[PDB]
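The next PDB entry has cyclothiazide among its components.
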Amino acid sequence: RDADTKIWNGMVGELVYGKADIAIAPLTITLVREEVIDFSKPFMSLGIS
Amino acid sequence: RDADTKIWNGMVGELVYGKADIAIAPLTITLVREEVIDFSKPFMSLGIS
Amino acid sequence: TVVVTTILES
Ligand SMILES: NS(=O)(=O)c1cc2c(cc1Cl)N[C@H]([C@H]1C[C@H]3C=C[C@@H]1C3)NS2(=O)=O
């Protein structure tokens, strides 16, 4: 999110604003992304290393 | 699932059949369980060892 | 057809 204009960018913006249908991509499952688009059960696990 | 009877047992069986509201349990997210009950996002990661 | 968005990361 842009902090003031309150529009999404990126691939999450492409899904919210109807441009695309599915984001088969390394998109991290976060809280603030979950509220505006649904996420699958995660297909790959990772962490800080 | 029971074989030849098609009746769930156990903790999944209590949620499908309405006796329980929520399962805070070591309950493994699998395929056939997802078709009958919704899971949350995972809260621990593991494997068969 | 279905639009699959993704990004160019190896
Ligand atoms: N080998 S791996 O780390 O790429 C990997 C990682 C994961 C796998 C399977 C593999 Cl092979 N499945 C799990 C799945 C099982 C249930 C719990 C989370 C999803 C639904 N997600 S995961 O924990 O993100």
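Below, read A as the first sequence line, B as the second, and so on, with proteins coming before strands; counting in each chain starts at 1. Quick note: numbers below take in every heavy atom, side chains included, and nothing from hydrogens, waters or symmetry partners. Both ligands and their constituent atoms are indexed starting at 1 by order of listing. As a textbook-style caveat: the illustration shows part of the entry, and contacts are counted within that part alone.
Structurally, the greatest contact with cyclothiazide is made by what UniProt calls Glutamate receptor 2.
At a heavy-atom cut-off of 4.0 Å, the other chains in contact with cyclothiazide are listed as A, B.
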